[PDB]
Protein chains: 2
Amino acid sequence: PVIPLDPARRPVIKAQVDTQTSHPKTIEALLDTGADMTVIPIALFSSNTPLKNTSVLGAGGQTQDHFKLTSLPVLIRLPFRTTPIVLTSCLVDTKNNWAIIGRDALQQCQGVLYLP
Amino acid sequence: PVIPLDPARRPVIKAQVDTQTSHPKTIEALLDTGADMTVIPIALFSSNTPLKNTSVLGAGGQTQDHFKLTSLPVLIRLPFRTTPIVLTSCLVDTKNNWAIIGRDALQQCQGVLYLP
Ligand SMILES: CC(C)(C)NC(=O)[C@@H]1CN(Cc2cccnc2)CCN1C[C@@H](O)C[C@@H](Cc1ccccc1)C(=O)N[C@H]1c2ccccc2C[C@H]1O
């Protein structure tokens, strides 16, 4: 679908996320062309799930803390799609619970940005 | 133009920014559907320009020293376009000199996100 861009209304979407550690869950995620990589909430995971450490570039510079990588791929299903997005790895937000569909996922559903 | 979304290649654009505090300059800016507001480098301004202090949520926790608000509106022109995007106010990166075109600007050029 064509998704209008509005400063007052974030372009969010329902996404079923399978972290392969528990049952697939539906979240509301921000469609973010400015994001190199997808971010999912730590709440999607179980308590015994191992994650890799990392340091990501953010608005406050380097955040050497609340972002981790999954060891296993992450599967994401959009409402109008049966076939899933399969990310080799993606970021996990451990402080807050940000949900961000990055260009890694957007490429897989062949999404484009269009300026008239 | 149609801009493909690619985790390895950021959707950037060359945009002429008029801060109305110095001569208009062309910068490279990230096209970002996840940004509520536009960010421009403080380099485009003069040393005597008054700016407002504020608080902006970003990846690296929560910052309130990084970004400032403009006092005057900002005009942005896209390639081969004479009629300017007019932003009443936008963020000013006083540190890493980021250039981000948010949904405030993307709305005025009628930009859309398209998922096939
Ligand atoms: C993979 C990861 C997500 C960590 N990457 C980023 O953070 C990139 C980095 N570049 C770095 C970069 C900068 C310049 C050139 N190349 C790379 C700048 C662009 N961001 C993506 C941002 O668009 C992320 C969003 C996320 C968000 C939205 C709403 C609420 C919380 C978090 C974001 O930061 N948006 C905020 C935001 C951001 C800018 C301006 C205003 C606002 C308001 C707010 O919406």
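To find a chain, count down the sequence lines: A is the first, B the second, and so on, and within it residues start at 1. Every heavy atom of this structure was used, including side-chain atoms; hydrogens, water molecules and symmetry mates were not. For ligands, and for the atoms within them, numbers begin at 1 and follow the listed sequence.
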Report, by its name in the PDB entry, the chain making the most contacts with ligand 1.
-> Protease
For ligand 1, which of the listed compounds (indinavir, Taxotere, sampatrilat) is correct?
-> indinavir
If you measure heavy-atom distances to indinavir, which other chains fall under 4.0 Å?
-> A, B
Please list the residues near indinavir, using 4.0 Å as the heavy-atom limit.
-> A:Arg10, A:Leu30, A:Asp32, A:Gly34, A:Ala35, A:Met37, A:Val56, A:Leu57, A:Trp98, A:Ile100, B:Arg10, B:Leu30, B:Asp32, B:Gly34, B:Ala35, B:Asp36, B:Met37, B:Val39, B:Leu57, B:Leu91, B:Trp98, B:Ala99, B:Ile100
Residue and atom name of the nearest protein heavy atom (relative to atom 25 (C) of indinavir), distance in Å to one decimal | A:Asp32 OD2, 3.4 Å
Among protein heavy atoms, which sits nearest to atom 35 (N) of indinavir, and what does the distance come to when rounded to 0.1 Å?
-> B:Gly34 O, 3.1 Å
Can you sort out which atoms of indinavir are near A:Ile100, meaning under 4.0 Å from one of its heavy atoms?
-> 26 (C)
Identify, for atom 39 (C) of indinavir, the protein heavy atom at the shortest distance, and state residue, atom and that distance.
-> B:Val39 CG2, 3.8 Å
What is the nearest protein non-hydrogen atom to atom 4 (C) of indinavir, stated with its residue, atom name and distance?
-> A:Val56 CG1, 3.7 Å
List the closest protein heavy-atom neighbour of atom 44 (C) of indinavir: residue, atom name, distance to the nearest 0.1 Å.
-> B:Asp36 OD2, 3.8 Å
Distance from atom 38 (C) of indinavir to nearest protein heavy atom, with residue and atom | B:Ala35 CB, 4.2 Å
By number and element, which atoms of indinavir are closer than 4.0 Å to a non-hydrogen atom of B:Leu91?
-> 40 (C), 41 (C)
How far is atom 17 (C) of indinavir from its nearest protein heavy atom, and which residue and atom is that?
-> B:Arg10 NH1, 3.4 Å
In a simple table, one pair per line, please give the protein and indinavir atom names for every N or O pair closer than 3.5 Å, along with the distance.
residue, atom, partner, partner atom, Å
indinavir, 16 (N), B:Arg10, NH1, 3.4
indinavir, 23 (O), A:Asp32, OD1, 3.3
indinavir, 23 (O), A:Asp32, OD2, 3.1
indinavir, 23 (O), B:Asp32, OD1, 3.0
indinavir, 23 (O), B:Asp32, OD2, 2.6
indinavir, 35 (N), B:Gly34, O, 3.1
indinavir, 45 (O), B:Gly34, O, 3.2
indinavir, 45 (O), B:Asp36, N, 3.4
indinavir, 45 (O), B:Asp36, OD2, 3.1

